[PDB]
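Opening notes on selinexor (bound form) bound to Exportin-1.
Naming: A, B, ... by sequence-line order, numbering from 1 per chain. Indexing begins at 1, ligand by ligand and atom by atom, following the structure's order. Values reported hereafter were calculated over all heavy atoms of this structure, with side chains retained and with hydrogens, waters and symmetry mates removed.
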Amino acid sequence: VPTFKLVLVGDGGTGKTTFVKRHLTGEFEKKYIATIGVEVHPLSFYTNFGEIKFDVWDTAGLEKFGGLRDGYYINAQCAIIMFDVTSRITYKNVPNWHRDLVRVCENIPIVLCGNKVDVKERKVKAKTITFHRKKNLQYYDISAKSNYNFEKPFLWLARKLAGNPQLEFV
Amino acid sequence: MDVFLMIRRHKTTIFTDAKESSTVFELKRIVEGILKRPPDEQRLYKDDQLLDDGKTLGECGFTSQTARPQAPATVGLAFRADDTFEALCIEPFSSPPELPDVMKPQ
Amino acid sequence: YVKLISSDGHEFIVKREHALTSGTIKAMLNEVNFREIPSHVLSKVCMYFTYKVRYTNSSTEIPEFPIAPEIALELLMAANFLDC
Amino acid sequence: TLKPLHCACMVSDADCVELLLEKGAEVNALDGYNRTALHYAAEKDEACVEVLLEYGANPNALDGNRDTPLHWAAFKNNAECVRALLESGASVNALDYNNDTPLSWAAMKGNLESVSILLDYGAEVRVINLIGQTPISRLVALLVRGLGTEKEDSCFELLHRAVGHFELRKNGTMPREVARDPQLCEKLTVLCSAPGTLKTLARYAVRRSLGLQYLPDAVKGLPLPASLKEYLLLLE
Amino acid sequence: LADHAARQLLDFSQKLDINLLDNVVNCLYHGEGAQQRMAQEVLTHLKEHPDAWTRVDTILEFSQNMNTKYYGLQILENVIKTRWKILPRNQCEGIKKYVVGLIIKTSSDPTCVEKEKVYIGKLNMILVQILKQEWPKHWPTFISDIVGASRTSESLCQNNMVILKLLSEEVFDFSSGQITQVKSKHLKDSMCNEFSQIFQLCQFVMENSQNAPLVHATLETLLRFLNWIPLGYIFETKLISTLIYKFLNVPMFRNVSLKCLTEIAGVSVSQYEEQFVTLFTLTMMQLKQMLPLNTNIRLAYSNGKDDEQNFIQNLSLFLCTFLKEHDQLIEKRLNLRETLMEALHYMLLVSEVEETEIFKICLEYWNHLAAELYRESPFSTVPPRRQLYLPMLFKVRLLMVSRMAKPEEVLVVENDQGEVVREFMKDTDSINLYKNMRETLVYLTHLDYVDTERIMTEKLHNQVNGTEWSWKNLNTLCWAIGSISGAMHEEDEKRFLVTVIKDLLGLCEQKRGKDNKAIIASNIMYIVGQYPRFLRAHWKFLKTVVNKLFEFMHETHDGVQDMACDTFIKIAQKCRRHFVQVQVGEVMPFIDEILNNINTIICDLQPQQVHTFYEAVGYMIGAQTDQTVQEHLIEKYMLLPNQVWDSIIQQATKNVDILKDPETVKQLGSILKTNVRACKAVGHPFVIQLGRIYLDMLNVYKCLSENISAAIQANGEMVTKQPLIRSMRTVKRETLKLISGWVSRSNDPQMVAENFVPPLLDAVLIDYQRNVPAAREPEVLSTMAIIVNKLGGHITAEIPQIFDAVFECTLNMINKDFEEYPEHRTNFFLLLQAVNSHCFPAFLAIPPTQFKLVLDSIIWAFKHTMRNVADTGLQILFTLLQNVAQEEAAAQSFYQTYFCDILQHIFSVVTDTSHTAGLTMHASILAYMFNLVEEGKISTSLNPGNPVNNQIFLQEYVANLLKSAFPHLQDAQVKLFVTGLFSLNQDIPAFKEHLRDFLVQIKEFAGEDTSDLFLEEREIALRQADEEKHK
Ligand SMILES: Nc1nc2c(ncn2[C@@H]2O[C@H](COP(=O)(O)OP(=O)(O)OP(=O)(O)O)[C@@H](O)[C@H]2O)c(=O)[nH]1
Ligand SMILES: *[C@@H](CC(=O)NNc1cnccn1)n1cnc(-c2cc(C(F)(F)F)cc(C(F)(F)F)c2)n1
Ligand SMILES: [Mg+2]
């Protein structure tokens, strides 16, 4: 049956672990438990064309608690490079993570997610996220707790990966 | 409720409103009001059918539904011409002209 | 009451205020003679007088006033002359 | 889902429609929406309407609801379109599935020009559609909402003159929406209660008598005085 | 499980078992649970130990599976990054030769590439690190050797182009934050000198070679290099011509050629105009060749595959960029007018693509064009540029109206441990898209308002007769109609909106069925809400709209009621004035009629709609100017909820245990929510309503606090899942929200302080202190924070009481660990910042122990991980330092007691990786501290060295501290860094970059001037910086 793996990247303070935790169990988490190394989370989805499962790998975004760095990316077919709209610096680091990712990937499907749009202090102004364009990256404004666009990244990745532009979750 | 009656005799024409319960004697005083002819010297007809002076308007051939102020009912009247009931004669109105060409039906 | 005489010589008797509806009659104001109004129109205008004064300021719906198409032209002319 | 002539009417280009009418056998041809191209011509421009009418386009072409092109011409207030369609012989009292005559739709918008033309061709004012509305009723409903301006006032004036007399107090009382406008409800009530001058009634009877022909030219043959025929043309 | 075999991998006393290492590395990528956990742990520990050479030189040889060699390369990269300059030169040369040999052996095995693609790429990365650290001086011939090997064979040329790409990246785009400023400058200078030698090889492989993989690699390399290549190579050669002719018109090269052409076009130089013109002309010719003007681009994209979609997007990018940058040039070039129009048509066709990103890209240029044209002349439609562009504007407007992002954004969110509400978003991506479209459309309307009117009329009519009837189309048209608002003179707006409303009502009558009726209802309700200017000139129509809205709020069909309430509040906000006055022909102000009917209008709305409706009414009342009339209005306005309030209060007085009745608690919460909305809308005068319930509100708040504390004690934290507990916590939060909101709106600080404040201190703060920590309400702090922010000094006297009540108990929550109780941290530090910024004298008065605890709290604050907490801590500290500059009496004591510790803590944070976010604040604080030092302050920080000027003692102290933290730093490094601190004192950006530079060095076992220090260069930079801040 179909199966893939998924690796999460993005400097700390941008909700990398919260996305996977929510999708796994559904309830939000507030504590900023810094991620260590990588955690393997088996994930599942159901669509009009059946069930597709992701083996999600959560790479810590902190230089001090990262682990193997790019080695985690070796077998990955898809990944989300995420940041925070409230913290401007988290955006300036997106190109660095993108570089560290591609050099070990063959332009696989990659989605750029700008987290924490529910916060009303949008430090990362819209109209200045032009980077994702010139690297053919799919950009989503998202929020982990308010669930805004909370399914678009996975849906788009499934569409590009399983190869079925009519794919849809149910 | 009440009904409106059209009183005619020869070229004469008089209009009035009368209740259904009104007796034809009431209409006799109404005639007297403008005409010097006493009531006994008056007799009334509905399309030549003599009207009993004691008969009430409701029970006669006149009623509000039958006659409207826009659509009255003609009433024939006769005097004692030479101390004798003159034969009822209502002079009809001048005949209407002929409809112009434009107004004929389709 | 007032007595109305048509062009054709027919005479019509109506109470004052009823017949008073006509502006021509108000200007006239106990007799009125018409050289242009035939009897078949004088009776029609009298019926209109009673109809209007009966349904004047009527709360309930006013039933339509039937008019014969044949007389319509001279009926309108007479109404204008009397400016009822 | 439409023929090229219908699209040409969509753009409403006189040259395109007239040159395509060389194939004009499709002029009276239905399409995906059942709209005869003359409908679009009426909706858009008068020149297309004229040129289509030149080549035997059916003025009374129906549709999915039988809303002949005259109805749409009136609804859009295309005065020239309406007058041309009528002059070419359109059914002034054409009835849709709701019986909404073109005059009813013209009143729906309070557009003065189309209403004036339709009355001038002896349109029927006392028509009532299935839902029960009437031209004057809809025009009043527009006034209640406060929309419109002196133009709608003049349109109401013309309809009041034409209808001879009218009543709005359904079941002896005004409709709820009208009630909330006392300074207008009073005017409507006093109009309803007034029987109407005999001259207006005679005018209405004459206008019914004339029928479907073009009245102001028709009245020229009448022996009535000039001022009074003008009155018959709702100049007062 | 094999952990007993696993933990040997860290056994460096014995030779590595390459087989076991490879097995564990592979199981990492093909393991799970404890296997993956301990595998990654062991690998991370293994990568850290010193004997990396013995492991690498063995793994790269005897490793079987590729990722194991990859892990070995990662270890060697760590070695090259950390210990490079301290390796013996023997091992240096051995490593260089070994890696170059491995690269040559692997690269040339097939003709162009092999399964080692990741492995060879990482080998390239290793060599790139070696080159970064050895190139300009130790290998002055590497570039020539690379060029020669490239000319020799393609199996070497392609990998050499990859190497050059990687190096150019690392040297010109990823330098800051990973390489010292001076070293980066040196490398960039060397590359500037050595490029041409690469450039000729590039031109050869581009114009003569024909190995498609190689040429694609060369095109990628040129793209990357173009970010910094000297423009002489770009615009003064045949590169553009070769690109266009030989590579833009074949599927596997057009993408990269187009990217390169885009990058070239983006340049903004002025004297390369002719090169740009030729670029545009040839590119358009080629585009016509491959992409004919009449192509169905939308269908092509929908059916096309990744290559076609990418080409479409990059075509869009090239056109947009070139036009935004130089379109004026071609516009001036008369003969190319046809090409200009053809490009505009290209972008029109592309705009039809359904992809959001592509549509946004095109809309960017569309907005730029519209704004430029509007600036050219503000009057509506002759301007030259406008005269030229006019024919396209019709299609521009048609597209803008046919597509229009929906302005609204509504979400359903559950919060407060299970309470669901409705929320709106401000500036998500979709809202910004709508904003851009609306701005462009408004400009266009200012150009040709008549044409916009005509188009919108036509589209609406098309909807009417069913020719184009569709919910999607109707909604889009309505959003487009609402987009313009006041865009035209109010007479034209009058006519246009009259026509639109007539048509929409006609359509509503025409259609039938609940679905169509609901859709049309939502549509018109939206349209009216967006045209307050018209409504304020038509009292009758406004009244009718309000009445119809009232009618709708009784509707049970979903979606109607919410939209009705939203429209009502939107109308009230923009039209509040007309509801509280007698309009012509009116007897009483319309507000009075509304108030009398509040009983029945809301008989069917759910509580949220009720609150929104009350908010709208409150907005409507605020317009009232007469104080007495306003008071009567407010009395009647709040009459209804007050009745339930008083009933519940009386019942509780009879028996307080009713407060444990969930229904009563819910009703109280609803009443408080209504009051909160009313306070938000009405503003300051709402106090009259507040005073009527202030005392019993606080009393019930206290009672609920007691109940919840007892429940938590008897049941622990788990009981918070009880809906009853949820309800009490609701009540509390809403009470606090009301109080804080009114204080925010209030404008009589003395009256507030002397009347409403003390009851809080009585019935809230001691409550907070008494409650079990778990149930303590974090919002409590925010209320006092806002109260202080508004009152300024008037509340100063009570600051010690507030602090003794809340401060000590709060810190014990947030000092044990960095994580738990985050909201508490945020609220507490907001309160602390407010106190410091407005009530500083309070800190002077409180005992010195309390001040010491406050400083400890600030340090603990800016030592947190969450960036918001850290920034708040740093801002608090900076404000505190600023204020102390005035309290000269205690300023010296504060310095002597805390300055050295604060400086130590700042350096501790800066020298840590997990806090680079607050680099700017660190720079500002340090610059301020050193300005205080150098400019002169009376006291001396060390009694034994009393005559010793602080300017010297601090230098020595900081140098010693840095040495203690980082022993491996060379004394010259630390001395230069400290001297620069003074030198870079007034140039805050220079100071920040100097801090980052120092942060770079500490990560490496730097050598004794072994290609790291550049001391003379730094001396010159700092000495002038010292002169710079001097003057
Ligand atoms: N406003 C807002 N904050 C969120 C949202 N999701 C998560 N957060 C906050 O961000 C933090 C996310 O922590 P993590 O899940 O570990 O993700 P991270 O911030 O990238 O940290 P690392 O995974 O270790 O790199 C949480 O502690 C939340 O406080 C959200 O949807 N909206
Ligand atoms: C037409 C008939 C109607 O009322 N449709 N809506 C529903 C829906 N569900 C049940 C019953 N009726 N119609 C539709 N919308 C309007 C209308 C709405 C508004 C607004 F203010 F609510 F937007 C105002 C007006 C106005 F201005 F009074 F004409 C009409 N009418
Ligand atoms: Mg995490």
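- Taking every instance into account, the structure holds selinexor (bound form) at ligand 2.
- In contact with selinexor (bound form, ligand 2) at heavy-atom distances under 4.0 Å, by letter: D, E.
- The binding-site residues for selinexor (bound form, ligand 2) (non-hydrogen atoms, 4.0 Å) are D:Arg145, E:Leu505, E:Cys508, E:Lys517, E:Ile524, E:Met525, E:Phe541, E:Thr544, E:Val545, E:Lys548, E:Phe552, E:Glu555.
- Looking at the PDB entry, one finds chain D under the name Ankyrin repeat and SOCS box protein 8.
- As modeled, a covalent bond connects selinexor (bound form, ligand 2) with E:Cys508 SG.
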